[PDB]
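Pictured: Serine/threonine-protein kinase PLK1, co-complexed with MK-1775.
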Amino acid sequence: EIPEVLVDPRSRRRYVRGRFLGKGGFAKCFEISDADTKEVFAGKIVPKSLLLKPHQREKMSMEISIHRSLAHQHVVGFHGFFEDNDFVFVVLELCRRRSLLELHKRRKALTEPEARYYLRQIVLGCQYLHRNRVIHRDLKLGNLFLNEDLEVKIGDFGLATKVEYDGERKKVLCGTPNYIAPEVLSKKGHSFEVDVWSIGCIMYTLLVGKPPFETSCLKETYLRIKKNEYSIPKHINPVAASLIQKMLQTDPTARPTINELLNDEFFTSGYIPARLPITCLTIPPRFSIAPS
Ligand SMILES: C=CCn1c(=O)c2cnc(Nc3ccc(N4CCN(C)CC4)cc3)nc2n1-c1cccc(C(C)(C)O)n1
Ligand SMILES: [Zn+2]
């Protein structure tokens, strides 16, 4: 049973357990608030009872050690971690506007400048991660959180990995990513190109309003990722569709690096709003010059 109040004995801090946010893996997420500073955060509470096997305990440590080394405007802030007899608690930045998945749920297909707006911040954050030699490996709508200003914050570093040397090919991804890259499925080894693939899939879902490889059978969805079986609707811009085609290639050595993306015609030749109206959560924005 999760405690009503959580206390860290090294930093001397008390966080009051509040609203249930979401359930991921073993973890339960609750909005927690510091007794003294009156600051609210997102709290990831994992039960030790489900961390008895050292393999699962090591995963949690790897996830924390990776997340704590990350400081960026487009990454979910890390404020700490602590533990007790039965639980592991992680203290992270709380984004009150939830995640792009909620936005996708209500809004489905988004306007082209809205996608250009978010994709820029998803890339900027991922650029930071790749500069620090971190592969997220599970980039999806549900872990791209939005703060009050609707700026993207990447979170959920459970499937993340640090690249220890030049040209390293990770042979094992223990876990199941949402936008799983073909090299993961075919077990040929993988590197940074798996994140560009996820970004390509995310781009498709924001512009089209459904995932590129969604089938009833997830195993038949995997067959499609392998065969490169997708079709971009013809109502989608030929510049945006050309970027999706670049990012969704079975050959990882052919996908643009996280650094070349902001320099694609899709970004450089299109309107990228400086900020989005909070109405865009509910209503599609028109982006007009003046109001009649
Ligand atoms: C702490 C675990 C990972 N995580 C974060 O780092 C994070 C940061 N901000 C947020 N914000 C947030 C706020 C509210 C809500 N909900 C409000 C209640 N609704 C019923 C559903 C949506 C939702 C989010 N939420 C955050 N996280 C979060 C919270 C719930 C579920 C999940 C997943 C599904 C990725 O495990 N992640
Ligand atoms: Zn394993």
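Following the PDB entry, chain A shows residues 39-330, kept in their order. Every number for a ligand or one of its atoms is a count from 1 in the order of the listing.
Across the structure, MK-1775 can be traced to ligand 1. With a non-hydrogen cut-off of 4.0 Å, the residues around MK-1775 (ligand 1) amount to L59, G60, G62, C67, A80, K82, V114, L130, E131, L132, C133, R136, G180, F183. Close approach of MK-1775 (ligand 1) to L130 is summarised as follows: ligand atoms under 4.0 Å from at least one heavy atom of the residue are 1 (C), 6 (O). For MK-1775 (ligand 1), the atoms sitting less than 4.0 Å from at least one non-hydrogen atom of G62 are 36 (O), numbered in the order shown with element in parentheses. An N or O contact shorter than 3.5 Å is missing between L132 and MK-1775 (ligand 1) by distance.
Close contacts of MK-1775 (ligand 1) with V114, meaning ligand atoms under 4.0 Å from a residue heavy atom, involve 6 (O).
A heavy atom under 4.0 Å from MK-1775 (ligand 1) is present in the following residues that UniProt lists as binding ATP in chain A: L59, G60, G62, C67, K82, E131, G180. The shortest heavy-atom distance from MK-1775 (ligand 1) to a UniProt active-site residue of chain A, with that residue, is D176, 8 Å. Most of what chain A uses to contact MK-1775 (ligand 1) comes from UniProt domain Protein kinase. In this structure, atom 15 (C) of MK-1775 (ligand 1) has protein heavy atoms in its sub-4.0 angstrom surroundings. Distances below 4.0 Å separate heavy atoms of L59 from the following atoms of MK-1775 (ligand 1): 14 (C), 29 (C), 30 (C). Those atoms of MK-1775 (ligand 1) that come under 4.0 Å of a heavy atom in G180, given as number and element, are 35 (C). The presence of a protein heavy atom under 4.0 Å from atom 20 (C) of MK-1775 (ligand 1) is ruled out.
Counting only heavy atoms, the protein gets under 4.0 Å from atom 11 (N) of MK-1775 (ligand 1).
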List, for MK-1775 (ligand 1), each N/O atom that has a protein N/O partner under 3.5 Å away, with both atom names and the distance.
| from | atom 1 | to | atom 2 | distance (Å) |
| --- | --- | --- | --- | --- |
| MK-1775 (ligand 1) | 9 (N) | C133 | N | 3.1 |
| MK-1775 (ligand 1) | 11 (N) | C133 | O | 2.7 |

